[PDB]
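Featured here: a structure holding (S)-(-)-nicotine.
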Amino acid sequence: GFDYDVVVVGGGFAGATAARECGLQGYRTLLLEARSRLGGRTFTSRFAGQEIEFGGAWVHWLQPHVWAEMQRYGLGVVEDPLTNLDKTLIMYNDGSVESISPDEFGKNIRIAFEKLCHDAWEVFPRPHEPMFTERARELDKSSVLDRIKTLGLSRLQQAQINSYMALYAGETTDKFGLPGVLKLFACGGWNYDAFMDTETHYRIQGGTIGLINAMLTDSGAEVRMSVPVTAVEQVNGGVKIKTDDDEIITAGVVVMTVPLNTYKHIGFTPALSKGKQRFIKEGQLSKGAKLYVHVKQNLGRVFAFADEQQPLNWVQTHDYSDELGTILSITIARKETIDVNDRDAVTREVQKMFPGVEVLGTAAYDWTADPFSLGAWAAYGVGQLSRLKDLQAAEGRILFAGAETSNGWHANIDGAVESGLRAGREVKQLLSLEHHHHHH
Amino acid sequence: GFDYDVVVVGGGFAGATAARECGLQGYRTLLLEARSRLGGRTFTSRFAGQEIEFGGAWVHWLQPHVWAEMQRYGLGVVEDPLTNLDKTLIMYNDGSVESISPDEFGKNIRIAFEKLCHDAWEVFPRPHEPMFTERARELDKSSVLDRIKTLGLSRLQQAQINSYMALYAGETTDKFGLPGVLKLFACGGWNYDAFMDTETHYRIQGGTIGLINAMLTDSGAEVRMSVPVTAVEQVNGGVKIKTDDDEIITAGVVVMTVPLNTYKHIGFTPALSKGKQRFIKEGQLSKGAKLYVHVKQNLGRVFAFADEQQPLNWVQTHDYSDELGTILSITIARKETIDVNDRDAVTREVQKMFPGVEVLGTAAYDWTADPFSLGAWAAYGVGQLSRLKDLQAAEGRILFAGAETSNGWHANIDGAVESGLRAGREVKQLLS
Ligand SMILES: Cc1cc2nc3c(=O)[nH]c(=O)nc-3n(C[C@H](O)[C@H](O)[C@H](O)COP(=O)(O)OP(=O)(O)OC[C@H]3O[C@@H](n4cnc5c(N)ncnc54)[C@H](O)[C@@H]3O)c2cc1C
Ligand SMILES: Cc1cc2nc3c(=O)[nH]c(=O)nc-3n(C[C@H](O)[C@H](O)[C@H](O)COP(=O)(O)OP(=O)(O)OC[C@H]3O[C@@H](n4cnc5c(N)ncnc54)[C@H](O)[C@@H]3O)c2cc1C
Ligand SMILES: CN1CCC[C@H]1c1cccnc1
Ligand SMILES: CN1CCC[C@H]1c1cccnc1
């Protein structure tokens, strides 16, 4: 006799996917979102008269779950200008910037990446079962920097691969766990060209908020925003959910999809398992932020890397024309490295990378400052991947989802969608009337 | 008003996927299956005390739709012994058999395959929009053999790649359209290692019938077996479907998922578009069949190619042990080349590739003989891919699905599932 059959906490892709599965099963589904908006770590906004993505933006057909969703809801891709580049730059730790011909830039980053993932085939023959091989659990004691040191690359190759890996870490490469990178590379077909195509090339048509809205509208679930959940208590046959205004909402099952780094805001009765509590105390590495810069000059199609001691770690063209100028999509590995609020400062840094450009605008999202992300994409530290199931395991009638809890594209939208599907399966298992299956 | 909201004709992966989408949308969904079994061109059966797949068998995580379904319904994979091979054989057109070192076999087939798809990246940057580039459009005037001739391969490499392409054609390579092959290679990440990993390595746990049963059970739809559909007639706001016992079932919308080569068995009133009728009259190339052989000796992990003029085109180990022996999974490009019901004849052909094998058993499925498949996997002839839209286009309140109508893995289960998702979306558009 609970208020709802299932309550999904979080309006991200994991929460929307879970709510859609549960909703189309006929359950009474309620979704609670702490922010006043949906999308979670994806954020569709506006800047310089265009639609932009402050968070997750790019998907690919080699990512199975999100692509299946796009086929279901009839969404294709929108291509960003990543081919036929006009300029390619590398900024080293000292701040010097070197312009390289795009062809040799691509060949060097290809060589560096493929040498860093030389054993991806043998370590991860099944990327969606990450602990399948004993050499993978055994390589969870090493960082990305540890391998980079043994690669023996050129100065430019090491700078590029360290910029890539620092960006994916949201931190310096000494803290970044190696198996997660090997596993993501394996997810993209064990081939650098395809994997690179998966990461920053194609956006969702109508925006990520379009797919979120498609799933939640299809679900028929009730969606409540500006309702943060502060505590969850398991009772017999159900759960009691308490919000920051102390209401009580009772449910048969609750699916937790909040980011790992935010679990400290919610109290659980009884306390979670020691493994899950340890994961909550370590959290996840990324400290990233996203910045868009509108410049009056037309720079064409530009791509740039910047090493971990510089702020503009990933630079890419969003749109360009004589009329417009250029809109730059920039991803920052660590928010500490730049005051994205001091716009002389970001202008100085931009002009440090592109000399003499007049800046017309920027807009930036600091995912570290947001109390409901407290970090950016999922980035596993050393030794964390091996304990991943400790995060996935259900605790009573509390299910756990989110990109951090996925087996495949854990740093991506696809991982969130996957965890949402798994959450829907487990919800069906708990609310199942005749045939009850809960293996592992 | 009508008997049902939606009627899905066909109990394959496309039909089961469509029935699942429509069923969980709340429509009253009825699915009609001509055979007494489900699965369509996949068939989970038994042989030599083991589970076997007479049709579609192998899936991969680089195939998005079927992998998403496996994630939803909690199905893992079963690995077949395809790595660390013990023997690799090539049988040329003359019937001579040559044993190659597995490493040299692997990079010879790698070289041939990657030279065959050297432009796959340019031509298909978006494999799920096959006509995105204009060079795909006019590489649709070429056969796969046309390119193989320009590759200038070795004897061995040409034998291997022509055996591969002949099996994927279900026909000789001179009739096989090139862009479909380039597009499938593009779907697997433009890389031969990944693409080969997608095709014959991993089966579904619990079998393909397990996934079909998961989808249809989830759907809540009504399923009728041994009910072939003979005619479809459009009235306003609905469709009239007539079975082979002359009952009439009225529906708001009908989803056709039957194989292309069987469309001659169904009359449409009004008649379909001239493009669709053209596709129905050309059909699709494949003439393949599948054969399992039980031998007393343990050959270990074996893989073998046979060129288009020999019958045992694709050979690989299904299971092996000293007590068991060996169970061989063999795919035959053209059923004409071997009489799979004469156990003695196929014993001779098996013994031609592995000399001195005592054969303990056989089991075979002839997909050409089945009136409800009349062919095997989807295989596009020259120029057919360019008209793919003609097959996909809806005609009134009749929607069309099936692996032949998919944009991606058209020769696979994943293509059928994709077409089922699109069919569900179009049903949602019509009934809202
Ligand atoms: C800048 C950036 C770039 C990235 N780029 C890409 C990319 O290009 N492609 C890609 O695939 N992925 C990308 N990622 C990763 C990605 O977008 C995430 O993996 C994905 O959005 C995770 O979704 P989620 O549902 O698992 O979690 P979230 O999206 O964070 O959802 C959790 C939800 O829970 C809410 N919440 C938190 N606490 C509470 C509480 N106490 N009560 C109620 N609600 C609460 C939050 O508001 C949020 O809505 C990027 C992420 C960022 C931030
Ligand atoms: C030997 C073989 C090997 C292959 N191997 C693989 C593989 O390893 N991996 C892979 O992914 N794919 C493989 N394929 C291809 C594959 O299995 C098909 O792509 C897929 O099953 C297509 O499904 P479908 O729903 O589109 O059509 P079908 O599976 O053929 O379903 C159509 C249904 O319609 C029914 N039907 C026909 N006419 C009528 C009528 N008039 N009235 C009512 N019903 C009718 C049929 O009985 C059938 O059940 C293989 C196929 C075969 C045969
Ligand atoms: C998609 N990627 C996965 C994690 C980070 C994210 C990314 C990569 C490059 C630039 N910005 C964001
Ligand atoms: C799955 N493949 C796709 C089309 C044919 C089919 C196949 C390939 C190799 C051996 N048997 C069947």
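Throughout, protein chains are lettered first and strands after them, A, B, ... in sequence-line order, and every chain is numbered starting at 1. Counting convention: from 1, in listed order, for ligands and their atoms alike.
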**Prompt:** Which ligands or chains belong to (S)-(-)-nicotine?
**Reply:** ligands 3 and 4
**Prompt:** Looking at contacts alone, what is the main macromolecule next to (S)-(-)-nicotine (ligand 3), by its name in the PDB entry?
**Reply:** Amine oxidase
**Prompt:** By chain letter, what other chains have any heavy atom closer than 4.0 Å to (S)-(-)-nicotine (ligand 3)?
**Reply:** A
**Prompt:** Which residues, given by chain and number, make up the 4.0 Å heavy-atom shell around (S)-(-)-nicotine (ligand 3)?
**Reply:** A:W58, A:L167, A:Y168, A:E199, A:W314, A:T331, A:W377, A:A411, A:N412
**Prompt:** Among residues of chain A listed in UniProt as binding (S)-nicotine, which lie with some heavy atom under 4.0 Å from (S)-(-)-nicotine (ligand 3)?
**Reply:** A:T331
**Request:** Name the UniProt FAD-binding residues of chain A with a heavy atom closer than 4.0 Å to (S)-(-)-nicotine (ligand 3).
**Result:** A:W58, A:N412
**Item:** Source organism of chain A (PDB entry)
**Value:** Pseudomonas putida (strain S16)
